[PDB]
S.K.: 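Structure with colchicine, see below.
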Amino acid sequence: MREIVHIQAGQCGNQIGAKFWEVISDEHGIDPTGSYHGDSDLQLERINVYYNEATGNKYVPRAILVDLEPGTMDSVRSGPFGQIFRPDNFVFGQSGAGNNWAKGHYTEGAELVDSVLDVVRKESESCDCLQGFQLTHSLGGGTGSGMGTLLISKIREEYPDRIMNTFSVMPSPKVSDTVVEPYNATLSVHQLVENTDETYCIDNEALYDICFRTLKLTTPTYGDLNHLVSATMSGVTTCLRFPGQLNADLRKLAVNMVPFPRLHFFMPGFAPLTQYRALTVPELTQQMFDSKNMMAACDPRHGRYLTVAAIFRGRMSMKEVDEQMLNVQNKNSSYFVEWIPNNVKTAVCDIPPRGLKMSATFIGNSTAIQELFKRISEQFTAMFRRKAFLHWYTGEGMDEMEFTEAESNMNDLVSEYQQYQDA
Amino acid sequence: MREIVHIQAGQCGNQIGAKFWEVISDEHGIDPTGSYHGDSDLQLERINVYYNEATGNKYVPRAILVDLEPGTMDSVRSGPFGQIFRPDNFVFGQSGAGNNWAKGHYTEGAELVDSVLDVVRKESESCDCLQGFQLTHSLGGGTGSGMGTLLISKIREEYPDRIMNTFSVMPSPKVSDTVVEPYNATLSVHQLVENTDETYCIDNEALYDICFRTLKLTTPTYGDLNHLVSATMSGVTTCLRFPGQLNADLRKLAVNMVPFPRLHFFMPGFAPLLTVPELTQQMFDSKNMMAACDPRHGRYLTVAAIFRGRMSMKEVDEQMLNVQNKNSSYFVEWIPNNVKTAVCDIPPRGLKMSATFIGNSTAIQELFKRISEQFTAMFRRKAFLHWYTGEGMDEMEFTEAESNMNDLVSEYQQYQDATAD
Amino acid sequence: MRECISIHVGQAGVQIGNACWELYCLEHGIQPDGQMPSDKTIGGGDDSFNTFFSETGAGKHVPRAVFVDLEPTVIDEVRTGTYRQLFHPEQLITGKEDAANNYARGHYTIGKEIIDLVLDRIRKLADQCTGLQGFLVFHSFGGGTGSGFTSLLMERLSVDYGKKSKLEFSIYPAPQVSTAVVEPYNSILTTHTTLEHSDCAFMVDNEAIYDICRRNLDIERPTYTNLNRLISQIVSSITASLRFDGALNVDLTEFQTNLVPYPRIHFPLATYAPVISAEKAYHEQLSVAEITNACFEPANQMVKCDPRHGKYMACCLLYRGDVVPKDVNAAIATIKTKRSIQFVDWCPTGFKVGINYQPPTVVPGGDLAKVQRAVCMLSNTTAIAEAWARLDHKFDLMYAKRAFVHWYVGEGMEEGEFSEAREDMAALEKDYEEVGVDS
Amino acid sequence: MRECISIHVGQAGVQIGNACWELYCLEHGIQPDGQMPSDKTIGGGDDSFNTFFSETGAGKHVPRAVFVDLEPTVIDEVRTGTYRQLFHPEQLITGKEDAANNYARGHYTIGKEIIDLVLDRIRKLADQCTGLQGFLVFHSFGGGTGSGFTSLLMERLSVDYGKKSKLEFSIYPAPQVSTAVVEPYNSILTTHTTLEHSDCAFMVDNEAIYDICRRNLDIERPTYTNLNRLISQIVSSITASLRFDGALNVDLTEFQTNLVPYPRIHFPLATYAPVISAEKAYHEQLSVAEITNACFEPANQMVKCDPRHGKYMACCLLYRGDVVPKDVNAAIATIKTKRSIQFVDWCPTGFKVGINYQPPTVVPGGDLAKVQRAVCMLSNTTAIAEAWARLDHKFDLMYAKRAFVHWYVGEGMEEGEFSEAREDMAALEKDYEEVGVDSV
Ligand SMILES: Nc1nc2c(ncn2[C@@H]2O[C@H](COP(=O)(O)OP(=O)(O)OP(=O)(O)O)[C@@H](O)[C@H]2O)c(=O)[nH]1
Ligand SMILES: Nc1nc2c(ncn2[C@@H]2O[C@H](COP(=O)(O)OP(=O)(O)OP(=O)(O)O)[C@@H](O)[C@H]2O)c(=O)[nH]1
Ligand SMILES: COc1cc2c(c(OC)c1OC)-c1ccc(OC)c(=O)cc1[C@@H](NC(C)=O)CC2
Ligand SMILES: COc1cc2c(c(OC)c1OC)-c1ccc(OC)c(=O)cc1[C@@H](NC(C)=O)CC2
Ligand SMILES: Nc1nc2c(ncn2[C@@H]2O[C@H](COP(=O)(O)OP(=O)(O)O)[C@@H](O)[C@H]2O)c(=O)[nH]1
Ligand SMILES: Nc1nc2c(ncn2[C@@H]2O[C@H](COP(=O)(O)OP(=O)(O)O)[C@@H](O)[C@H]2O)c(=O)[nH]1
Ligand SMILES: [Ca+2]
Ligand SMILES: [Ca+2]
Ligand SMILES: [Mg+2]
Ligand SMILES: [Mg+2]
Ligand SMILES: [Mg+2]
Ligand SMILES: [Mg+2]
């Protein structure tokens, strides 16, 4: 039945993961106790994708919670919808990964991984027809970055043919915890380029800018950034959670969105950025393609679009939707590749998210994403040229050779992206 | 728990020794009967440094009186605070020393050293944690000079990691007793250069002049000189006996005062003989040195200064800094921050405020030169050597003492001229 | 009496299939529970409708059909639909996970495991047949199943039912109607693999049916339901010769005798008229000459192309309703000297004509107005080569960069099968150039 | 979990220890008999303050601390003082004879008599821990015990706890306060011995604290009691992240990642603001903008050096009290344009900010005014090598003539150990030069 197992690891992974469940639980009418209280059968028709049905018309998120420190775990368990999560699926250690990729991937994480796999394996046995896994995590810490990528490799070893889908938060000096985030992120991008089928790049720098420059918020918190992440996550999974003309799953999504295997990093976008005045469909499509609405700091105009998928939610003129999309394309055809015919697809969905009359969600595969990796790479080299802070890693058993490899593999990625920009 | 074992030997030894107990008993509130009659709790805090606690809050000096002749300790047990002294700790001979170093070190004094040892040992088993010993004697000749240095050497073999501290009174002809005093001094300096950790050079030459010129005394007596000696001894031992902001013992003083092992001979000073500015100034003046040496004919290796009485810490700091800057030339550069200053609340008897001076200065070589001059004058002509060879010594032993004292003066020069970069 | 078994593969064939059998039932008077009062012989009989329906002791008529899809979501709607009781449960074969728009996954990976089961279900139906004439395969070009599993099925059918005829109803992909980017790949891949296992294939271009629904029916955003009701009208016109008493196209081999003179060029073009909106309360019904004249308007063809700059190898006019031979000859006389009808010089310039007096039936509540006379024209024109040229060009654009190939190679296909299929298509276009053009 | 054991070694460490614990109690509402009425969990709990206090069945909260000194007189005050009932006797360990300002005596002759006993008491404390995080070691550079015994204790701890983290709060000697002539020797000696065993050291220059107490607090001649009360405020700001929970609070091990670029460069420079007197605080109300700016004034630094003449490798602002991010950011932007914050080229130019909501406390009868908001800046700057240079020159002046070296050799040391220690210091100074040079 196209069931998806959700895994959320680390502090960021659990806070955005936790908001995701709060939002989609709402859209499906599930209350914090897991009892259906909605008004439409549409809310229950794909409910088996993300929720496992317990006896007593009870719905339980098919979600696994992972962390090396017990804090955020307790934070979620007492948050709004904390009770809705299955207690057996809170796997957490005590030591913490100290924002150290090596601790999460090799030393501290290794002691806990098998515990997580037993829950993963448990939730999968409970699936008529497992579709794939999805993982929320940050790339610049330790548990999400390192243990996350470690789980993604262990899961691909036991489930070599399921789909691996991650929402990956990229680090930025504007919202920074420690200086070693380029190290943690470069080691992880390496893993992602090899063991995931689809990755949504959610760039904290972009999030910061959207809050600061557009929403007019001098002092943005992680709570403001996550509001945008959950909006986007809800929109990207619409076709998975609600009925529509579109009889598609994550594999069909990857076959059409990923023309070459290593280029599976997606630029997400959302409109309107969070209103009394209603938006117009021309306005929704106008913003969706605007650089200022991309959740990844890359100017789409600096590169070309390989594949585009847009999802409109709301009760709207499907004809006008279609007219406006062909306008943009015919208005920006110099930013789409001519060698992939008809590479901009649109899905409409009648259920609008709570709070908005209608919205659009943008999923782009664009060569401009290289700017993001170039940025990560510039900040990596500045430190690595002098081997600053390496001792936090070499003291956990890692060697410099492994940093050299990740950096090299990342530059290749940037090269691949730029090879298809001059087609 | 930092007990000190006091030992006084010879006429001079017991004389200045007796006064030392008169003064520090008065400061701590101990009457001649050993009963505590003071009014402050500061007087009893470090009392165990020099006193044992007897049944019924009776405090007994932790002292051992030694002499080769009963005609002196007889006196000691008659003066005020003579009953305070524990009667077993009297260890007196009979024959006498006859101002002959050899009789005190090799022949007569040896017959009696075992007897004193058992007393020093018994007093040491009593100590929670022994600091070391302090000896008041005299390089002038006989018991204190020759036997005293024998005791130092015998105690050292049994307490080698303890501190050996002497108050040594140097001979001067202005207060002379015998002609052979240069001979005895040199034989002792030869011992002290090798077997003590720190030695205060109380010089009868300086004491004579202070009484005469300064205190304008025409006919100075030993009473008058000793009164100086007491005032100084009370001073140099102040932070041993009271709980000042300084937390230190004999070994911590040695470590900061003695840059090289042989150069452990100090120049005491005392003022007055009245504000912080003058009190500091007199303290670095030659007229206040209990040693016939001009601080300005050599250089200070290290200096310690203790101010007693009620005064402003800040002014003390400022006045001590000004003296150094205005006399920078007279301090070696290779020992940074080599002047230290303590302040104690309670003053001495009869003074609103006093200051004591402990200098390790190369100018001390003048003292040694003086003795060396008088020694080499007699030895050159072989005068009186039979007194010593008749006890078993040979001229060789007289030569070593001279050649060793020459070097001692030679070292003090070497470092006086030493430069930094 | 000879039987015909229909096979519906993938989402497009299953739904198009649903629509046709709904129409077949309304046309022969069969109830949604398989009853047929028209039929007086209970449990048997050799009537013309028995080529598409078998009967039971209980008087129930069952389509000679099999529905196969690699995921249950579309067939389930048939299992709980209005004609749920009309189908035996074993006629409906569903899988666990689909082919993800991946021809390789449908033909090689998932296909290998489900092919034998399907062939058994087909055998079960062939056994009940006393003269099977062959099969009608309904499928899309673009679906991973419609493209990939179909071509494996067509390969096997040629083995287990050698002498029999295979006819194909194919849905050509158009971006106006839900298409994935890789659909050009699946189209060439399946066309090459199946080109020698199909005796005759009717392409329907979703672009064409889309516009017809917009122009003639005034539907702003046509849905699959709108499209499939119009498609199954064309399909019903093509198969009626098999289901009703008649003389023209009485069995699958006449389609190839009348329409396919060269084997590889077995792609006839369907035009159809009149398409009239049921929302038009009044609308004068056209004459025979008029509906005939419309068969030569590009607007009414199942594939957008211009037959005027091509040559014909065969035309076949199939009228349904109130049509007298006298009026048919009159129109044909006129449309010869009016329009541009080039025939290839090695073929007679003529028209095989059929008339079925029963007029088109309309699904009640459908979009189509009832009409007293309608016609369907099957012509074999080199013009249709346009649809191959458009498709092959899109193939070229992506394949030059190797885009999306890794998904196919990853299911076990060899990259060289791309070049083989494309090289075959490059020959197919040439076969049309040599047949048609001149210096 | 995350529990810290605090070891106070020798007079300076013990007397700094009193100040700190008195303050912690006042910060958490713990009484001198150890009762904490606000604490509802009797006999246990996993609260933030529990990282420094254990609990007994009777509701007593006992510091996770050991006091060690080679003579009793300084601990005896703790034993008979106001917080005497706070510690168990077994936590207060003293010998009979100290090290006499002699490193050789604290690390060998005397120290060996008592090291085993100290390590046994530490173990007992560590066994009461669910997740011992590390050790905090309070000592002076200049004393025989502070330098010699500390080095011995650190070496042993590396053997018994491996790479478990060890943090130092060190007292750097200054002539104005109360320094012995040999303190430059004990300083270079212990710095060299502990260097490979210390994850991070906070030096407090006595000359800096002394000057601050005079200028800012209007104290003619500051005493040890004056200096320690100020030192303990700095110590409290650094550990505040460990003892208090908060939405915007950052853990000290997170700053530690940004404050240590390389193992040997582990000496952050601390600054604290405001150090004002009640007479002056009655008028001025000091904003986040003012106290932040004050951290970049050379004269407010726990170590006397000139950061304008160096380069930054990390800057952490630790705020506590009535402070909100909007103001912090606004402040940092001002500083970021009016001052010479020159960073090295190989690390970002950000400022890492934590904010603790609990406001500063002051001991009753102290010299600091009660304020609504304070800040402590932990910066890693090459400028701090100036302290190494000053101390190394004094060492060289004496060692060139072997002055006082006989005291050390008499206890068992070899001249080789002196030159070895010095050469290490030499490398350390060169290490600070190189991190500052620009990349290729
Ligand atoms: N006319 C028409 N075209 C359809 C219909 N359903 C799908 N299509 C078209 O067929 C193509 C997609 O093929 P599908 O039938 O969806 O695919 P499938 O056979 O299920 O294959 P997989 O889903 O990949 O396993 C697209 O070009 C669609 O526009 C339908 O009901 N009618
Ligand atoms: N800030 C501060 N410095 C102190 C304190 N006590 C001593 N110091 C300094 O520490 C150095 C001396 O170290 P101490 O702690 O006295 O010595 P110790 O560790 O007891 O060593 P020993 O007694 O020699 O065995 C000097 O530089 C003093 O100024 C104190 O309470 N506060
Ligand atoms: C499960 O949700 C989705 C699944 C898919 C698509 C998609 O984008 C609208 C989705 O929503 C995010 C999709 C998108 C991209 C394509 O290429 C641009 C394509 O041809 C193909 C598609 C989808 N097919 C169509 C015709 O829209 C199937 C895969
Ligand atoms: C037992 O009492 C004393 C003990 C000491 C000292 C001293 O002189 C002030 C004393 O009073 C006589 C002392 C002296 C000299 C120093 O400087 C050369 C020094 O650094 C070291 C000191 C003392 N240290 C300090 C900081 O004054 C410790 C040893
Ligand atoms: N958008 C967002 N980023 C976060 C959040 N929490 C942490 N981050 C970022 O993630 C990185 C730190 O990873 P974190 O999740 O704290 O570490 P982990 O627990 O070891 O995985 C930094 O770049 C933070 O800015 C959050 O709630 N939202
Ligand atoms: N200041 C002082 N010097 C003394 C005293 N008695 C003797 N001397 C000096 O000590 C030297 C003689 O030593 P003395 O103690 O009399 O002889 P001993 O008993 O055989 O050691 C001479 O230089 C005397 O001037 C005394 O009471 N006070
Ligand atoms: Ca019948
Ligand atoms: Ca508690
Ligand atoms: Mg974090
Ligand atoms: Mg005499
Ligand atoms: Mg399908
Ligand atoms: Mg001490």
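The lettering of chains (A, B, ...) simply tracks the order of the sequence lines. Residues displayed in chain A correspond, in order, to the PDB entry positions 1-42, 45-276, 282-360, 369-438. Following the PDB entry, chain B residues are numbered 1-42, 45-275, 286-360, 369-441, in order. The residue numbers of chain C are those assigned by the PDB entry, with the residues present covering 1-439 sequentially. Sequence positions for chain D are given in the PDB entry numbering; the residues included correspond to 1-440, in order. Remember, it's 1-based here, ligands and their atoms both numbered in the order they're listed. Structure determined by X-ray crystallography, 3.0 Å. Values reported hereafter were calculated over all heavy atoms of this structure, with side chains retained and with hydrogens, waters and symmetry mates removed.
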S.K.: Can you help me spot every copy of colchicine here?
M.R.: ligands 3 and 4
S.K.: Give the name, as used in UniProt, of the chain with the most heavy-atom contacts to colchicine (ligand 4).
M.R.: Tubulin beta-2B chain
S.K.: What other chains contribute a heavy atom less than 4.0 Å from an atom of colchicine (ligand 4)?
M.R.: B, D
S.K.: Going by the PDB entry, what's the name of chain D?
M.R.: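 The entry lists it as Tubulin alpha-1B chain.
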S.K.: Which organism is chain B attributed to in the entry?
M.R.: Bos taurus
